[PDB]
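All remarks here apply to the structure that follows.
Order of the sequence lines sets the chain letters (A, B, ...), proteins ahead of strands, with each chain counted from 1. Ligands are counted one by one from 1 in listed order, and the atoms in each one are counted from 1 as well. Portion of entry displayed, and contacts counted within that portion, nowhere else. If you're wondering, the header gives X-ray crystallography, 2.8 Å.
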Amino acid sequence: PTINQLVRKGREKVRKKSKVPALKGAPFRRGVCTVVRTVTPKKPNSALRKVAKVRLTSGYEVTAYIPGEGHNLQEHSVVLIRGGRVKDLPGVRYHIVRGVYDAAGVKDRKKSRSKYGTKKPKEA
Amino acid sequence: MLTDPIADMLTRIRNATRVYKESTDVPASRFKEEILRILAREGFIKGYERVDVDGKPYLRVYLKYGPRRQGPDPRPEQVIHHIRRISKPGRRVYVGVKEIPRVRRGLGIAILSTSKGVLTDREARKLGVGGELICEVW
RNA sequence: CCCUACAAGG
RNA sequence: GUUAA
RNA sequence: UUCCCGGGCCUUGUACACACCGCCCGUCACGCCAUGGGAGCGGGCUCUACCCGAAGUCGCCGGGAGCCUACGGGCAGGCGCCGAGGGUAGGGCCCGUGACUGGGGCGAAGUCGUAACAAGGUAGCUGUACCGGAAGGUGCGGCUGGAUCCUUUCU
RNA sequence: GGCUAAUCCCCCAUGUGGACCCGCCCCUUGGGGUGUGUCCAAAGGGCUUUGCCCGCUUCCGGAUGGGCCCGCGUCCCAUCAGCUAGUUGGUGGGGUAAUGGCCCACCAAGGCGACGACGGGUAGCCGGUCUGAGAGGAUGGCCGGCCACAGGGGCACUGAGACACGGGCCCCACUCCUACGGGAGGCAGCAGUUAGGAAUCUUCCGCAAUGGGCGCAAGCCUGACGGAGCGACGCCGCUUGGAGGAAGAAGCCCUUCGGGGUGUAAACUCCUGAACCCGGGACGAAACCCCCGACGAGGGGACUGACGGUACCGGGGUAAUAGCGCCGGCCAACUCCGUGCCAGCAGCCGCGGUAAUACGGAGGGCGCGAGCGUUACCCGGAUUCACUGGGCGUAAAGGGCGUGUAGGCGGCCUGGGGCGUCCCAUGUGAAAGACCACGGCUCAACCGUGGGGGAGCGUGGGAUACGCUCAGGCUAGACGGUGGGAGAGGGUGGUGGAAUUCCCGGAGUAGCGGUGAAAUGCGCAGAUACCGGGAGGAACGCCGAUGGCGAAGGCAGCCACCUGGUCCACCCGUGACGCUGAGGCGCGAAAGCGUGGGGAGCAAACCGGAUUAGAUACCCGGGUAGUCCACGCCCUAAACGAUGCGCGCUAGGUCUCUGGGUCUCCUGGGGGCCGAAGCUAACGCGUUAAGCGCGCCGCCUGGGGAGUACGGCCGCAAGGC
Ligand SMILES: NC[C@@H]1O[C@H](O[C@H]2[C@@H](O)[C@H](O[C@@H]3[C@@H](O)[C@H](N)C[C@H](N)[C@H]3O[C@H]3O[C@H](CO)[C@@H](O)[C@H](O)[C@H]3N)O[C@@H]2CO)[C@H](N)[C@@H](O)[C@@H]1O
Ligand SMILES: [K+]
Ligand SMILES: [K+]
Ligand SMILES: [K+]
Ligand SMILES: [K+]
Ligand SMILES: [K+]
Ligand SMILES: [K+]
Ligand SMILES: [K+]
Ligand SMILES: [K+]
Ligand SMILES: [K+]
Ligand SMILES: [K+]
Ligand SMILES: [K+]
Ligand SMILES: [K+]
Ligand SMILES: [K+]
Ligand SMILES: [K+]
Ligand SMILES: [K+]
Ligand SMILES: [K+]
Ligand SMILES: [K+]
Ligand SMILES: [K+]
Ligand SMILES: [K+]
Ligand SMILES: [K+]
Ligand SMILES: [K+]
Ligand SMILES: [K+]
Ligand SMILES: [K+]
Ligand SMILES: [Mg+2]
Ligand SMILES: [Mg+2]
Ligand SMILES: [Mg+2]
Ligand SMILES: [Mg+2]
Ligand SMILES: [Mg+2]
Ligand SMILES: [Mg+2]
Ligand SMILES: [Mg+2]
Ligand SMILES: [Mg+2]
Ligand SMILES: [Mg+2]
Ligand SMILES: [Mg+2]
Ligand SMILES: [Mg+2]
Ligand SMILES: [Mg+2]
Ligand SMILES: [Mg+2]
Ligand SMILES: [Mg+2]
Ligand SMILES: [Mg+2]
Ligand SMILES: [Mg+2]
Ligand SMILES: [Mg+2]
Ligand SMILES: [Mg+2]
Ligand SMILES: [Mg+2]
Ligand SMILES: [Mg+2]
Ligand SMILES: [Mg+2]
Ligand SMILES: [Mg+2]
Ligand SMILES: [Mg+2]
Ligand SMILES: [Mg+2]
Ligand SMILES: [Mg+2]
Ligand SMILES: [Mg+2]
Ligand SMILES: [Mg+2]
Ligand SMILES: [Mg+2]
Ligand SMILES: [Mg+2]
Ligand SMILES: [Mg+2]
Ligand SMILES: [Mg+2]
Ligand SMILES: [Mg+2]
Ligand SMILES: [Mg+2]
Ligand SMILES: [Mg+2]
Ligand SMILES: [Mg+2]
Ligand SMILES: [Mg+2]
Ligand SMILES: [Mg+2]
Ligand SMILES: [Mg+2]
Ligand SMILES: [Mg+2]
Ligand SMILES: [Mg+2]
Ligand SMILES: [Mg+2]
Ligand SMILES: [Mg+2]
Ligand SMILES: [Mg+2]
Ligand SMILES: [Mg+2]
Ligand SMILES: [Mg+2]
Ligand SMILES: [Mg+2]
Ligand SMILES: [Mg+2]
Ligand SMILES: [Mg+2]
Ligand SMILES: [Mg+2]
Ligand SMILES: [Mg+2]
Ligand SMILES: [Mg+2]
Ligand SMILES: [Mg+2]
Ligand SMILES: [Mg+2]
Ligand SMILES: [Mg+2]
Ligand SMILES: [Mg+2]
Ligand SMILES: [Mg+2]
Ligand SMILES: [Mg+2]
Ligand SMILES: [Mg+2]
Ligand SMILES: [Mg+2]
Ligand SMILES: [Mg+2]
Ligand SMILES: [Mg+2]
Ligand SMILES: [Mg+2]
Ligand SMILES: [Mg+2]
Ligand SMILES: [Mg+2]
Ligand SMILES: [Mg+2]
Ligand SMILES: [Mg+2]
Ligand SMILES: [Mg+2]
Ligand SMILES: [Mg+2]
Ligand SMILES: [Mg+2]
Ligand SMILES: [Mg+2]
Ligand SMILES: [Mg+2]
Ligand SMILES: [Mg+2]
Ligand SMILES: [Mg+2]
Ligand SMILES: [Mg+2]
Ligand SMILES: [Mg+2]
Ligand SMILES: [Mg+2]
Ligand SMILES: [Mg+2]
Ligand SMILES: [Mg+2]
Ligand SMILES: [Mg+2]
Ligand SMILES: [Mg+2]
Ligand SMILES: [Mg+2]
Ligand SMILES: [Mg+2]
Ligand SMILES: [Mg+2]
Ligand SMILES: [Mg+2]
Ligand SMILES: [Mg+2]
Ligand SMILES: [Mg+2]
Ligand SMILES: [Mg+2]
Ligand SMILES: [Mg+2]
Ligand SMILES: [Mg+2]
Ligand SMILES: [Mg+2]
Ligand SMILES: [Mg+2]
Ligand SMILES: [Mg+2]
Ligand SMILES: [Mg+2]
Ligand SMILES: [Mg+2]
Ligand SMILES: [Mg+2]
Ligand SMILES: [Mg+2]
Ligand SMILES: [Mg+2]
Ligand SMILES: [Mg+2]
Ligand SMILES: [Mg+2]
Ligand SMILES: [Mg+2]
Ligand SMILES: [Mg+2]
Ligand SMILES: [Mg+2]
Ligand SMILES: [Mg+2]
Ligand SMILES: [Mg+2]
Ligand SMILES: [Mg+2]
Ligand SMILES: [Mg+2]
Ligand SMILES: [Mg+2]
Ligand SMILES: [Mg+2]
Ligand SMILES: [Mg+2]
Ligand SMILES: [Mg+2]
Ligand SMILES: [Mg+2]
Ligand SMILES: [Mg+2]
Ligand SMILES: [Mg+2]
Ligand SMILES: [Mg+2]
Ligand SMILES: [Mg+2]
Ligand SMILES: [Mg+2]
Ligand SMILES: [Mg+2]
Ligand SMILES: [Mg+2]
Ligand SMILES: [Mg+2]
Ligand SMILES: [Mg+2]
Ligand SMILES: [Mg+2]
Ligand SMILES: [Mg+2]
Ligand SMILES: [Mg+2]
Ligand SMILES: [Mg+2]
Ligand SMILES: [Mg+2]
């Protein structure tokens, strides 16, 4: 565009949309489990992915993933959401943090333990 | 009617040199002549001269080029490899003496029109003055 | 479990 | 009928 | 050597490339989710008109109605304008809900046909118009982003 | 109701002086001087008591602090475009320290806005901070500056200062106390409670130091502050050991069962000594005060430490925490088993379907280490809003075309001014921070001192090339003159022949029509085919082109009239009168809409015949709107060269339309093809540019959702922007 046009209209700073409306852009959000479902992945994949419908303190009710093999969540389990979507589950944009609230840490987990919330087992 | 008689000249020169013409004419004007003075002095062109084309005043600009060359495409290197307008109608470019650019570490030049007359970037720096940054050459 | 890892069929 | 090589 | 089957060479179109037994469109069915319209129903803001109007400053009175007085004046008190807010009527605006209602996104293997890509089997696309389970079909005009010199879907 | 003191209040006097009216002078907005008139002062207390200290009154000035005013700068939405009555200005008042519609009386009719008013949304602003090569982007916590607020709203009183967080009054909400009349209260001070939240600490010590208020002083107050406590929240420093030690224990993992790995790692030997334990033990603190001196200078003297028995010293002295992420590519690091599109991983690409370096465990490995990961957010990479530093023929992007308003841009020469621009000097640019140097804590973090910075803005002076402005000149752009030219350019009227349909007459008879084949249909009320006549509507064969004209849409028989554009020649006139163009306005294929008319042929819909698995189609027979005209709407498009307009520049060849010329050919305007240089991702473009440049407009910014929803504007509607 001409310089005159640039003087007349300038450029437009374009902003980005959040991939995570956990309101306050808080790093995490608390909520209660409304439903504990199972969901099928998209095309390339097949499996019974574990998801939960959570009613947030942020006034939102979004579905969150329940990572790990374990899992002990029911229709009233209070839990902490963190954000991190699931490439396979369109609509699932948050992960439930294991080891916090009513969400038990994955038991017998021996590797990436800090994720999955699993304390260190005694070695001898 | 031209909108940038200066830009016009830099281009007539640019286009001509690109086809290895011996010389090229440009509508006459003092300011334009002054710029030509430097190109000559700086050895970018053989030189120039007033002439009258069909009754009107022009300026034959005698172009320079390197020697014929080796292999394929024996066309000679250009003396004036780059001649570019900086300040322009509706975007004039002005610089203070500490803002005069250094074209190609000195290998090239800048031509400003100062209140002390048209000067190469060195001539300007020397006389300690800035002005309108007309163009750049190398 | 028969097909080919499945779907669907027996 | 789907997904692969 | 026109035709059926397999094949070789040149060329052309292609949205095909585990390569036409390719690709692929829309309706509909099942599941998840966001969302538009929306009578009525409540919450708030705002503008206009009129009305009521605390405190307080200011202005007038301050009288044979009160207090002080060195008679000049002062205080109390009274009245008024402005005035936080409030009321009634009307107009605009926003938020929540919302019967009923429109379409949309997304989710390996459900249903119907086959619209498009090769002249895709009636060249396609297009603005508009009517019409039809659906893709679409047809009219009129336009564009090339069109191949060349009985009939038949799928995968 | 009564009594009473003062540095409380008042009257009189003195008037250095000051205030006010009027005059004059100087100066220039209300600044300074001067004259007359008028008006205005005061507080006492202490004693080392005949003279000092604290203090009071008036005035001028200083210093510090502040009020008000002005230039410039300060986020998003134009789906916010018109806003305004104290509104804009005046005169005269009120108010204040003071200007001012700050407030009022009256008069005038003004003020503001596309350089974005008004409305809506969001937000305290800076020094700085983070990031970035820079330009820039993001940000404003701690510290410093300014502002604003003190439960919400309004208000004034006191005072130098407030319209006052721990002052006052009223209204509102809320809490508490009430004998129900009526009262009390405001932690956005320190700490602490509770609620909300992913989340943020002690109801600590001290007033020793620095700083503040009151006091002559002693000294009193100070949750300001100086410290301690809690939290890996961050940064920096430190530890968990050092040297020796086997061709190499065991265990565990691989294996080709030979052996390879963990690995000098361990064990074990020796050495040093984090912790701890003793003893010493701070700096921060020397003033105020007191004595001498003169309550000065100067000199002596005394008191005082929260932190803390801490830091730091010296002695003794134990071998004494390691975790977390990761290992398919990006990206450093591979094997075994389990599992079998399951369970699960996943930042993006992707991985798992029975031998998975990608899942889960293990061995091994890589990375970092009192941390390591994750999530969230900011800058970067992203020249991915491109000023530096991008684009639009086919990738997203040229507006359907023109006219032209504001605006942006502007040929050659001379002169004035000196706004832009450039130069010098100078003022400003607080501290902290950043940078460099040196220095203080054993280092560092942290901190001290010093050095250097600049943009921006103010002031004075200077320059004049370019841009600007004024003045004059010019003729190369532009426009005009005269003379010629070609054209389906437009509008109105008239008019010609071919064909179809229909009607009439003649003649003639059994079918015609239609298809792949058929049938519907039409025909003995005589069709088809043929001849003659008539009516009507619509469109113009050959010429005709790869042609011409127009801004696009688009325009085609012939004639007349009215009318637009354009090209060449002659160099005749004007003398930069130019280019572009937001908005506006006009034009704008087809279909469609309204009123009226027309209606031959064609033909959405529709009625039928076929075809087909079906056939809401393609083929066949009919057929309404419509197609045509007038007038008014609609405003779209593959409105396309998918290429905005103007100008200058950069080989040619060939065909062609139209004009001029000394007419092999030269010169101008237009239409094509191939190609120089160059450009392009390529295809291609290439003097009719997509090349080289300048000016202006329009537009793009991943795909779907969606040209949808909402709002506005327009339309009768369909619907358009
Ligand atoms: N998301 C697709 C959108 O909706 C339409 O597509 C939707 C349907 O038409 C389509 O349906 C297909 C069907 O066409 C096809 N013949 C069979 C197939 N099983 C269906 O599939 C659908 O349903 C199954 C469950 O039954 C899901 O697992 C699957 O993900 C889903 N796409 O699947 C889509 C639903 O996701 C439009 N045609 C498409 O252009 C548009 O983008
Ligand atoms: K034959
Ligand atoms: K006097
Ligand atoms: K003073
Ligand atoms: K001041
Ligand atoms: K006034
Ligand atoms: K800022
Ligand atoms: K800033
Ligand atoms: K002394
Ligand atoms: K020691
Ligand atoms: K040890
Ligand atoms: K197995
Ligand atoms: K593995
Ligand atoms: K980023
Ligand atoms: K377009
Ligand atoms: K338009
Ligand atoms: K001059
Ligand atoms: K003419
Ligand atoms: K018959
Ligand atoms: K043509
Ligand atoms: K009609
Ligand atoms: K090329
Ligand atoms: K609308
Ligand atoms: K309307
Ligand atoms: Mg920019
Ligand atoms: Mg898979
Ligand atoms: Mg993530
Ligand atoms: Mg140039
Ligand atoms: Mg150049
Ligand atoms: Mg099937
Ligand atoms: Mg699969
Ligand atoms: Mg064959
Ligand atoms: Mg052969
Ligand atoms: Mg072929
Ligand atoms: Mg090919
Ligand atoms: Mg395939
Ligand atoms: Mg009233
Ligand atoms: Mg009152
Ligand atoms: Mg009174
Ligand atoms: Mg009111
Ligand atoms: Mg709603
Ligand atoms: Mg419905
Ligand atoms: Mg699913
Ligand atoms: Mg079709
Ligand atoms: Mg088809
Ligand atoms: Mg087929
Ligand atoms: Mg057909
Ligand atoms: Mg077809
Ligand atoms: Mg159509
Ligand atoms: Mg039809
Ligand atoms: Mg057509
Ligand atoms: Mg085509
Ligand atoms: Mg069929
Ligand atoms: Mg099918
Ligand atoms: Mg087939
Ligand atoms: Mg009394
Ligand atoms: Mg007395
Ligand atoms: Mg007194
Ligand atoms: Mg006197
Ligand atoms: Mg006197
Ligand atoms: Mg005066
Ligand atoms: Mg005077
Ligand atoms: Mg006097
Ligand atoms: Mg007196
Ligand atoms: Mg006044
Ligand atoms: Mg006054
Ligand atoms: Mg006012
Ligand atoms: Mg505003
Ligand atoms: Mg705020
Ligand atoms: Mg950058
Ligand atoms: Mg601060
Ligand atoms: Mg307030
Ligand atoms: Mg509060
Ligand atoms: Mg209050
Ligand atoms: Mg208040
Ligand atoms: Mg107050
Ligand atoms: Mg308080
Ligand atoms: Mg809580
Ligand atoms: Mg603290
Ligand atoms: Mg103190
Ligand atoms: Mg003190
Ligand atoms: Mg106290
Ligand atoms: Mg402190
Ligand atoms: Mg913390
Ligand atoms: Mg060792
Ligand atoms: Mg000790
Ligand atoms: Mg000392
Ligand atoms: Mg000390
Ligand atoms: Mg003391
Ligand atoms: Mg003495
Ligand atoms: Mg002393
Ligand atoms: Mg020892
Ligand atoms: Mg690697
Ligand atoms: Mg398993
Ligand atoms: Mg992992
Ligand atoms: Mg991996
Ligand atoms: Mg550390
Ligand atoms: Mg950038
Ligand atoms: Mg971007
Ligand atoms: Mg740019
Ligand atoms: Mg780009
Ligand atoms: Mg396309
Ligand atoms: Mg495109
Ligand atoms: Mg165009
Ligand atoms: Mg203009
Ligand atoms: Mg000029
Ligand atoms: Mg101008
Ligand atoms: Mg100047
Ligand atoms: Mg400075
Ligand atoms: Mg300066
Ligand atoms: Mg500084
Ligand atoms: Mg040091
Ligand atoms: Mg410093
Ligand atoms: Mg100056
Ligand atoms: Mg001048
Ligand atoms: Mg002139
Ligand atoms: Mg002349
Ligand atoms: Mg003429
Ligand atoms: Mg014509
Ligand atoms: Mg007859
Ligand atoms: Mg007869
Ligand atoms: Mg019959
Ligand atoms: Mg008969
Ligand atoms: Mg006849
Ligand atoms: Mg008729
Ligand atoms: Mg033309
Ligand atoms: Mg056309
Ligand atoms: Mg002439
Ligand atoms: Mg124009
Ligand atoms: Mg039209
Ligand atoms: Mg029409
Ligand atoms: Mg009509
Ligand atoms: Mg009609
Ligand atoms: Mg017909
Ligand atoms: Mg049938
Ligand atoms: Mg038909
Ligand atoms: Mg076209
Ligand atoms: Mg344009
Ligand atoms: Mg040519
Ligand atoms: Mg030509
Ligand atoms: Mg020609
Ligand atoms: Mg080339
Ligand atoms: Mg070419
Ligand atoms: Mg050009
Ligand atoms: Mg191009
Ligand atoms: Mg657009
Ligand atoms: Mg779209
Ligand atoms: Mg539309
Ligand atoms: Mg439409």
Next on the checklist: Mind telling me what drug shows up at ligand 1?
Outcome noted: paromomycin
Next on the checklist: Can you help me out? I need the name, per the PDB entry, of the chain with the largest number of contacts to paromomycin (ligand 1).
Outcome noted: 16S Ribosomal RNA
Checklist entry - Which neighbouring chains have any non-hydrogen atom closer than 4.0 Å to paromomycin (ligand 1)? => result E
